[PDB]
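Pictured: Vascular endothelial growth factor receptor 2, co-complexed with sorafenib.
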Amino acid sequence: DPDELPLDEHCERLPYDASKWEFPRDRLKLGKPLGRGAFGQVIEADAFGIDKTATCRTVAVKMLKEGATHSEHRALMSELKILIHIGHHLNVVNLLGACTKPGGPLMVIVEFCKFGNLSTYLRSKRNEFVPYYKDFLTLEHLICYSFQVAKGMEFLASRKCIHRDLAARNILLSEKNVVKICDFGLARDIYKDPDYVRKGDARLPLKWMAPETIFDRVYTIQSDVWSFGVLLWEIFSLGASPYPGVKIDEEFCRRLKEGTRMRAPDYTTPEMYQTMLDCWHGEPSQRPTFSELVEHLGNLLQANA
Ligand SMILES: CNC(=O)c1cc(Oc2ccc(NC(=O)Nc3ccc(Cl)c(C(F)(F)F)c3)cc2)ccn1
């Protein structure tokens, strides 16, 4: 049903309103790289007056790199188009502008998120965590981050988009404990990153993928719910790697379809662990929706206080 169909499958027909989004290249001061893949990269920049008149703003710019071809260039343009269609939400990395004019590289300019990816950040805070000390993480923070990602994903779903690589490495942490969903995409070196496992010609985030995705190449909002459950485990393990000590092979995939699930992580509550189990239902339609996750996590956040 084309009304169920994720926008992004048909990105090429979406509009690029240059009068709204185009940002002069001479108003962008490029700085240090923030991430590089084989074909893409993100670099830090200072943008003069991109979102507020005459004010310097630190931003992140996604662009291509040596190795990329015309097809990566097309892909980045369609990424720009989907970000415009999606629009602004607190809990999604916000598009600020683009440089698309001939003579320079295509640049997709988004907000800079001070503390980087959530996995790395949580893993740095094992010694600065208490369940209930300024700058210490607490159980409240962790539940709050969970709630925030569910809000951003509910928003993504409302825009008829799905994620396909939802994981703590694709959550950014800003000031004031705001987390933002992103997708590094081409700016991540998936061939060097052990989170992506060779499967055919592709390198795939198998530990985050729902059984229907692994076996039938089916991507839906409900397979995103499965990944959200894995993200929850990452949050409540303070950034540990999923399925610890487990070879990700055909027998891993088999046991998963059979019903094997991860054990509770070190910092979880019982109801957070049950929520992970819910997200990991074998049948996609029996998983909670993001709207249901929002309501439930909102209740947990309230109960925690
Ligand atoms: C220390 N701080 C940093 O290193 C840092 C690095 C950044 O790098 C990035 C720059 C741009 C992006 N681009 C997206 O995210 N593109 C995207 C595409 C589809 C869809 Cl669907 C989505 C969505 F909606 F899921 F969000 C997002 C990702 C990361 C940003 C901020 N800070």
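Numbering of residues begins at 1 and proceeds along the displayed sequence. Counting starts at 1 for both ligands and their atoms, following the listed order. All values below were derived from every heavy atom in this structure, side-chain atoms included, with hydrogens, water molecules and symmetry-related copies excluded.
Under a 4.0 Å non-hydrogen cut-off, the residues that form the binding site of sorafenib are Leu34, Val42, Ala60, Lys62, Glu79, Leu83, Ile86, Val93, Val110, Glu111, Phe112, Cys113, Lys114, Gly116, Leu156, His163, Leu172, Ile181, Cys182, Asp183, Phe184.
Distances between N or O atoms of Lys114 and those of sorafenib include no value under 3.5 Å. Residues of chain A near sorafenib cluster mainly in UniProt domain Protein kinase. Intersecting the UniProt ATP-binding annotation for chain A with heavy-atom proximity to sorafenib (under 4.0 Å) gives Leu34, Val42, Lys62. The nearest protein atom to atom 31 (C) of sorafenib, hydrogens excluded, is given as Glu111 O, 3.2 Å; this is a heavy-atom distance. Which parts of sorafenib touch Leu156 is read off a 4.0 Å heavy-atom cut-off, strictly below it: atoms 24 (F), 25 (F).
Checking UniProt active-site residues of chain A against sorafenib, the nearest one by heavy atoms (to 1 Å) is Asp165, 8 Å. Listed by number with element, the atoms of sorafenib under 4.0 angstrom from any heavy atom of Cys182 are 15 (O), 26 (F), 28 (C).
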